[PDB]
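Quick look: tacrolimus on FK506-binding protein 1.
The chain is numbered in sequence order, starting from 1. Just follow the structure's listing: the first ligand is 1, and inside any ligand the first atom is 1.
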Amino acid sequence: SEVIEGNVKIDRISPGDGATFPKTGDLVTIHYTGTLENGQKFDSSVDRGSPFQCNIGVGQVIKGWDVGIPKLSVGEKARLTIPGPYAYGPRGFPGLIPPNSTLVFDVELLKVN
Ligand SMILES: C=CC[C@@H]1/C=C(\C)C[C@H](C)C[C@H](OC)[C@H]2O[C@@](O)(C(=O)C(=O)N3CCCC[C@H]3C(=O)O[C@H](/C(C)=C/[C@@H]3CC[C@@H](O)[C@H](OC)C3)[C@H](C)[C@@H](O)CC1=O)[C@H](C)C[C@@H]2OC
């Protein structure tokens, strides 16, 4: 596991084309599962049967996603461990994430665009 910006950790699980990497502003199609540090699952889009899309690195998602995702190539599966300051910090999210939580994200880069 690699320690990227802000102390976010990447655990590579299954490779991508090792060549198609998301660039700033690129639209990404991802499948994620979010868990707290205890393993307690709080969200998943796989459960929704619909992948998430956002433009990467422009402030649309929490910073751990912004620093994290661009280091993945199309088709890869990896796990992002994100500390509070790079996620929801001291505020959290009502009914999902408590103040100061470290978030674990299992994500799959389906397509870059
Ligand atoms: C108003 C319209 C609702 C709009 C909802 C959608 C488009 C649907 C989309 C599937 C979101 C999920 O809803 C099904 C749901 O995703 C979580 O469950 C989740 O796993 C998560 O953490 N995600 C989602 C995947 C990207 C990383 C992170 C994120 O960065 O998400 C972003 C996030 C909340 C950023 C805040 C931005 C404000 C800053 O202040 C804060 O700064 C700390 C960080 C999302 C993408 C916002 O851009 C847009 C929205 O919120 C949140 C725990 C609760 C959130 O509910 C909404």
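Residue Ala87 has at least one heavy-atom neighbour below 4.0 Å for each of these atoms of tacrolimus (ligand 1): 43 (C). By the 3.5 Å distance cut-off applied to N or O atoms, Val61 is not counted among the residues near tacrolimus (ligand 1). Mapped onto UniProt domains, most residues of chain A near tacrolimus (ligand 1) sit in PPIase FKBP-type. Polar contact check, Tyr88 against tacrolimus (ligand 1): a nitrogen or oxygen pair lies under 3.5 Å apart. Each of the atoms 10 (C), 14 (C) of tacrolimus (ligand 1) lies under 4.0 Å from some heavy atom of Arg48. For tacrolimus (ligand 1) and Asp43, the ligand atoms under 4.0 Å from any heavy atom of the residue are 12 (C), 15 (C), 16 (O), 17 (C), 18 (O), 19 (C), 20 (O).
When each atom of tacrolimus (ligand 1) is checked for a heavy atom of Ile97 under 4.0 Å away, the hits are 53 (C). The set of residues with a heavy atom less than 4.0 Å from tacrolimus (ligand 1) is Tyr32, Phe42, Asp43, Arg48, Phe52, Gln60, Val61, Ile62, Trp65, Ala87, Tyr88, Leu96, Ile97, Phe105.
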Starting from the N and O atoms of tacrolimus (ligand 1), collect every protein N/O partner closer than 3.5 Å and put each pair on its own line with the distance to 0.1 Å.
| unit_1 | atom_1 | unit_2 | atom_2 | d |
| --- | --- | --- | --- | --- |
| tacrolimus (ligand 1) | 16 (O) | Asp43 | OD2 | 3.3 |
| tacrolimus (ligand 1) | 18 (O) | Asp43 | OD2 | 2.6 |
| tacrolimus (ligand 1) | 20 (O) | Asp43 | OD2 | 3.3 |
| tacrolimus (ligand 1) | 22 (O) | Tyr88 | OH | 2.6 |
| tacrolimus (ligand 1) | 30 (O) | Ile62 | N | 2.8 |
| tacrolimus (ligand 1) | 48 (O) | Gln60 | O | 2.8 |

